[PDB]
Undergrad: 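We have in hand a structure of Maltose-binding periplasmic protein carrying ristocetin.
Here is how names work: the chains are called A, B, and so on, in the same order as the sequence lines, proteins then strands, and each is numbered from 1. Quick rule - modified residues become their parent or X, and added atoms are off the books for contacts. How was it done? The header gives X-ray crystallography, 1.9 Å.
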Amino acid sequence: XXXXXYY
Amino acid sequence: XXXXXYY
Amino acid sequence: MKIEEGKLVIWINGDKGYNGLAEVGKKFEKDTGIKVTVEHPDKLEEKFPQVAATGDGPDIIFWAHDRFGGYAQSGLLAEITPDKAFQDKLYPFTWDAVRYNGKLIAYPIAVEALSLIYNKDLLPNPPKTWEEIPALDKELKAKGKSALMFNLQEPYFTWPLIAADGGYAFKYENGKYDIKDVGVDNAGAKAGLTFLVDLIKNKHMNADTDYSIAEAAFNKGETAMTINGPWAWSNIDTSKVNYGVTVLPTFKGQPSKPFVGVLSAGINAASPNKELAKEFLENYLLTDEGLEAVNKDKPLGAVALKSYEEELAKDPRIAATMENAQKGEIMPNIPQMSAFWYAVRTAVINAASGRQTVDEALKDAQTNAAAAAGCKXX
Ligand SMILES: *[C@@H]1O[C@H](CO[C@@H]2O[C@@H](C)[C@H](O)[C@@H](O)[C@H]2O)[C@@H](O)[C@H](O)[C@H]1O[C@H]1O[C@H](CO)[C@@H](O)[C@H](O)[C@@H]1O[C@H]1O[C@H](CO)[C@@H](O)[C@@H]1O
Ligand SMILES: *[C@@H]1O[C@H](CO[C@@H]2O[C@@H](C)[C@H](O)[C@@H](O)[C@H]2O)[C@@H](O)[C@H](O)[C@H]1O[C@H]1O[C@H](CO)[C@@H](O)[C@H](O)[C@@H]1O[C@H]1O[C@H](CO)[C@@H](O)[C@@H]1O
Ligand SMILES: OC[C@H]1O[C@H](O[C@H]2[C@H](O)[C@@H](O)[C@@H](O)O[C@@H]2CO)[C@H](O)[C@@H](O)[C@@H]1O
Ligand SMILES: *[C@H]1O[C@H](CO)[C@@H](O)[C@H](O)[C@@H]1O
Ligand SMILES: *[C@H]1O[C@H](CO)[C@@H](O)[C@H](O)[C@@H]1O
Ligand SMILES: *[C@H]1C[C@@H](N)[C@@H](O)[C@H](C)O1
Ligand SMILES: *[C@H]1C[C@@H](N)[C@@H](O)[C@H](C)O1
C-alpha cells in the first residue's frame, strides 16, 4: 500500500 | 472535490 | 465526457497500434453506423477506475491483463461471454490470463514479452550473460558508444533481472497467490538489484534513463542494445538500424524471467454500449484481418488468435518473443499487483539513486507489497 485512492 | 490523492 | 449511446470510445496506450485500431473501427462504423473513437491518454490505466462509472471514461480499455483483476474487484469490468466456439479460436492460456474470480473479464489480444534488441553492426554477437555487460560497455565506450540502454523508470523492464535468480512477486500456494508472502526481498532479488545498481554505480547506465531516451539512443545507433517489446520494432524499422531480437541475457546462469503481459480489451461495466463493444471485439478486432491492421501499425507480439499467430510464428522476432515469454511468467491478475509494482518501482529508484541500499530498499518493498488493502485503494 502507501499510495491513496479512492478507486 | 470528492476524489482522493495523494499526488 | 464522451461516452454516448450508439458510439464507442476506446483507450489504448500511445506506443501501440492505435491508428491500425482506428481503421478496424472505421470498418465497424461502415457496417453498423457505430462511430469508433480511439484515444491514447497518458497513464490510461491509472485514469480508468475513477472515471469509468460516471466520468469521461472509455467504453473499452486496452491494457495488459495484470491491472484487470483490480478493476473487476471494484465492479468496473463487464463479464464477457464468448461461446466455446469463439474461445476455441484463441490459445487456452490467454483466456486464463483474463479469468478472475471464476469469470472472464476481458478479451485477450496478444502476448507481450520483453526481448533483447541489439544493433548487428555495433554488436554482431550479443552477450549471453548480464555479467559480461560491464566489459562490453568499456569496449564500446572507447568507441563513443554504450552497451545497453533501457527504461529504468518502470519496474517492468528491471523485474526480469530481479526475478532471474529467485525474486518473485507473490508465493503460489494451495492453488492461489498468497498475498502476504512476497518474494522481492529474498537472496535472488537482492543479487539482481545489486547487479543493476552496480551497473549504474560504475557508470555503465544512467539512473534517469527512461523509455524515450533508450529508444532514441538505440534507434540513433548510439547504444548497442536495448530491452523492449514488440511494439517497439516499427520505430526501429523506420530508423534503418540493422537489428536483431534475441533471448534476454542470463543472470547467475539462470534465464531472465520477465513478467509477461497479455494485452487485453476490457469492457466498461457502466457503458450503455456493452453489446456493441462485444460485437466490435469478437467480430471485427479478433479476426485475421482486424489483428493484421493493428499489427502492421505497431506489432502486437504473439497474438492470441491461433490462425493469425501461426502466420506470425515464421518471424524470428516473434520466435524470440515466444522464447523469452516461455522463460518468464504470465503476470498474476490479482488486485494486489498494483501494490507490488509500486513497491518494486520505489525500491528500484531508491536503490539506483543511492538514497537507500539494496537491502534497505527491498526490505521496505516486501513490507509494503504485503500490507493489507481493500478494493478502493490504500
Ligand atoms: C482521506 O480519506 C480517507 C478514507 O476515507 C474514508 O474511506 C473512503 C473510501 C471514503 O470515500 C470516505 O468517505 C471515508 O469513508 C480517510 O480515512 C482519511 O482520514 C482522509 O484523510 C484526509 O482527511 C484527514 C482528516 O480527517 C486528514 O488528516 C488527511 O490529511 C486528509 O485530508 C486531506 O485529504 C483530503 C483530500 O485531499 C483533503 O480534504 C485534505 O486536504
Ligand atoms: C487511508 O484510507 C483508509 C481507508 O481506505 C479505505 O478503507 C480501507 C479499509 C480499505 O482497505 C481501502 O481499500 C479503502 O476502501 C483509512 O482506513 C486509513 O486510515 C487512511 O490512512 C490515512 O489517514 C489516516 C487517518 O484518517 C492516518 O492515520 C493514516 O496514517 C493515513 O494517513 C495518510 O493521510 C495522512 C495525511 O494526513 C498521511 O499521513 C497519509 O497520507
Ligand atoms: O512497470 C510496471 C508496469 O508494467 C506493465 O506495464 C507495461 C505494459 O504491460 C506494456 O504493455 C507496456 O505498455 O509497458 C508497460 C510498462 O511501462 C504492467 O502491465 C503495469 O500494470 C505495470 O504498472
Ligand atoms: C491531480 O493531478 C494529477 C496529475 O495531473 C491528476 O492525475 C489527478 O487526477 C489530479 O487532478
Ligand atoms: C489502485 O488501482 C489503480 C489501477 O490499477 C492504480 O492506478 C492505483 O494506483 C491503485 O493501485
Ligand atoms: C473514494 C472517494 C471517491 N473517489 C469515490 O469515487 C471512491 C469510491 O471512494
Ligand atoms: C500520499 C501518500 C503517497 N501518495 C505520497 O507520495 C503522497 C505525497 O502523499
Undergrad: Got a sec? Need all the ligands or chains for ristocetin.
TA: chains A and B
Undergrad: Which other chains get a heavy atom nearer than 4.5 Å to ristocetin (chain A)?
TA: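 Heavy-atom contacts come from B, C.
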Undergrad: Which organism does the entry credit as the source of chain C?
TA: Escherichia coli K-12
Undergrad: What is the name of chain B as given in the entry?
TA: Ristocetin
